[PDB]
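As structure tokens, the structure follows; a few thoughts come after it.
Index from 1, following the sequence. Ligands are counted one by one from 1 in listed order, and the atoms in each one are counted from 1 as well.
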Amino acid sequence: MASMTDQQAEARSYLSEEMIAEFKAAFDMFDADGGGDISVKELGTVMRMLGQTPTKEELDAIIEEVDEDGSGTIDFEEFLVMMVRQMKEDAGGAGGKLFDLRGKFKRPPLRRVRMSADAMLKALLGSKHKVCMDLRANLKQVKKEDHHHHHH
Ligand SMILES: C#Cc1cnc2nc(O)n(C(CC)CC)c2n1
Ligand SMILES: [Ca+2]
């Protein structure tokens with residue numbers, strides 16, 4: 001835990017103390033059994049609950065690209081990286097788009113599309129979301145060396 005060379009450490013460092021305190025409630029979003037690991041099913045349930053409707057392949061992919069253990073599983077730090085992923089690409093991503101083409105007040109609705117991490121957390125947490133969403137990034141990014149090959 002001292003030799004920070006993983007993606008979880010980054011996630012933990014890209015957030016803020018009070019915001020992490022709010023993320024504590026994230027376990028309640030689905031609530032497996034009061035203490036357990038979450039899989040594509042459980043996760044897919046919560047995310048489809050916001051109106052979106054993807055495939056298991058989508059769920060696995062987003063977890064796999066961050067899963068260093070080679071097993072998509074959500075967990076203490078594994079959960080954290082998930083939440084940061086949406087805000088990460090929204091702040092500094094390449095190709096990632098919320099499909100928003102109107103940055104105004106009379107803008108389109110939820111549309112059941114990939115919206116901001118803020119909007120989703122507001123729905124997932126059930127309006128408990130009040131912390132300031134600050135993703136520590138800038139106008140700098142590059143290609144990652146992360147590319148896995150395995151099918152389960
Ligand atoms: C629950 C949940 C959750 C948390 N963090 C995410 N970051 C993402 O990109 N997603 C989905 C789209 C909402 C990927 C398909 C995330 N779902
Ligand atoms: Ca895992």
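At ligand 1, the PDB records name the drug as tirasemtiv.
Here, the chain sharing the greatest number of close atom pairs with tirasemtiv is referred to in the PDB entry as Troponin C, skeletal muscle,Troponin I, fast skeletal muscle chimera.
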